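Bound complex of Orexin receptor type 2 and lemborexant.
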Amino acid sequence: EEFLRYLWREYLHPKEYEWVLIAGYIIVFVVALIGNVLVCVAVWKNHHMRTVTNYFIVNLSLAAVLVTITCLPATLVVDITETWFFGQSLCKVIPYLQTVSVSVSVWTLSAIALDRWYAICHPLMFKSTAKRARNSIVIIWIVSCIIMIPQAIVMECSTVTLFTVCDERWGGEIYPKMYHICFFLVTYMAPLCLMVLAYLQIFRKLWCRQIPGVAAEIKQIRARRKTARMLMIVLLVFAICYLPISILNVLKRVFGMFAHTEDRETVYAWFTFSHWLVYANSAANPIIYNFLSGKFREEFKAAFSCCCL
Ligand SMILES: Cc1ncc(OC[C@@]2(c3cccc(F)c3)C[C@H]2C(=O)Nc2ccc(F)cn2)c(C)n1
């Protein structure tokens, strides 16, 4: 019945470019799944790629796979049909997992930046242990799961031809705004500022400093320059892809914009593009790894050769 009502709605409100959205979501799904699985496989199969940065990259790819499997189809269905179709339990699950994984990814990138800063900029050049990396990953996951509990709490399937949509139901008109201010500060603003500061210091230390005399330090500097360039490009892509969705969420929840405007077409186009951009970044990270890491490129080629021959 709900599907029939969608057919009535989509007929009376015909959208021009649903097919390009479907094609883009399918391409993003396939590319993200393949690339993140290949990243995990490449790091886990070989030991020369087993670095703390690569452990954090593996955690990021695991979160990306979780989002791609559990959250991408639901987001596509909601953006196409504007209805939920999945039920109260799946609704309390899927946005919760999506927000948890977004926090996990941003704080994993922050952990990478902090470890690189400790190794490069700190006067002691700390070398992190695998125990510390695994503990950091575990605490990131636990904190992300804890802080997103109210997000899963406020998800409700409203039933307001009409449609059934799962959205955020709050008691007051102030609590959502404070919660979303905190959400924006935790997921996008503060981690991005800290990572920008850390990578600016790293860039000064690696590209604005004299070349040492010891050959081992020279090789270390070259390797760290390549890795830091890859990390900075990954951070820039992440910031670009997550800027629109975070800004739109702030404008809709905190400032209460897009409410009294009857121009839902442009607003919905921007919202669905921002939704697509998150999964697009999830798909683009492995491509960045392939095009900026020689070891990752070689291991992707090796995995392709094994799977195809
Ligand atoms: C359709 C759809 N609606 C809202 C969406 O994002 C809205 C939210 C969000 C804000 C800022 C950054 C984020 F990263 C995610 C609040 C999260 C949610 O409610 N997440 C959520 C909701 C439904 C869903 F299927 C999956 N995730 C998405 C991304 N897709």
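Residues displayed in chain A correspond, in order, to the PDB entry positions 37-196, 205-257, 289-384. If you check the header, you will see the structure was determined by X-ray crystallography, 2.9 Å. All ligand and atom numbering here is 1-based and tracks the order in the structure. Just so it is clear, the values below take in all heavy atoms, side chains as well, and ignore hydrogens, waters and symmetry mates.
Residues of other chains with a heavy atom under 4.0 Å from lemborexant: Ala110, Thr111, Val114, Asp115, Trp120, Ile130, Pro131, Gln134, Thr135, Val138, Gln187, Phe227, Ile320, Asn324, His350. The PDB lists the organism for chain A as Homo sapiens. Following UniProt from the N terminus, chain A has transmembrane segments with a non-hydrogen atom under 4.0 Å from lemborexant at positions 2, 3, 4, 5, 6, 7. Measured by heavy atoms, lemborexant lies under 4.0 Å from these UniProt suvorexant-binding residues of chain A: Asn324.
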